Peer 1: 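Here it is, the structure, as structure tokens.
By convention in this document, chain letters (A, B, ...) are assigned in the order of the sequence lines, proteins followed by strands, and residues within each chain are numbered from 1. Non-standard residues are represented by the parent amino acid or X, and atoms in excess of the parent are not counted as contacts.
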Protein chains: 2
Amino acid sequence: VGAXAXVXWXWXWXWX
Amino acid sequence: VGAXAXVXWXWXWXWX
Ligand SMILES: [K+]
Ligand SMILES: [K+]
Ligand SMILES: [K+]
């Protein structure tokens, strides 16, 4: 849990 | 739904 790549909030593919 | 900012796969804070 923290910052980097995977899932959660930020930049990439999913929902606005 | 698609690319840009929000929730889902990619970079920023969460899990992975
Ligand atoms: K992430
Ligand atoms: K999106
Ligand atoms: K995201």
Peer 1: Report the drug at chain B; options are viomycin, taspoglutide, gramicidin D.
Peer 2: gramicidin D
Peer 1: Give the name the PDB entry uses for chain B.
Peer 2: gramicidin D
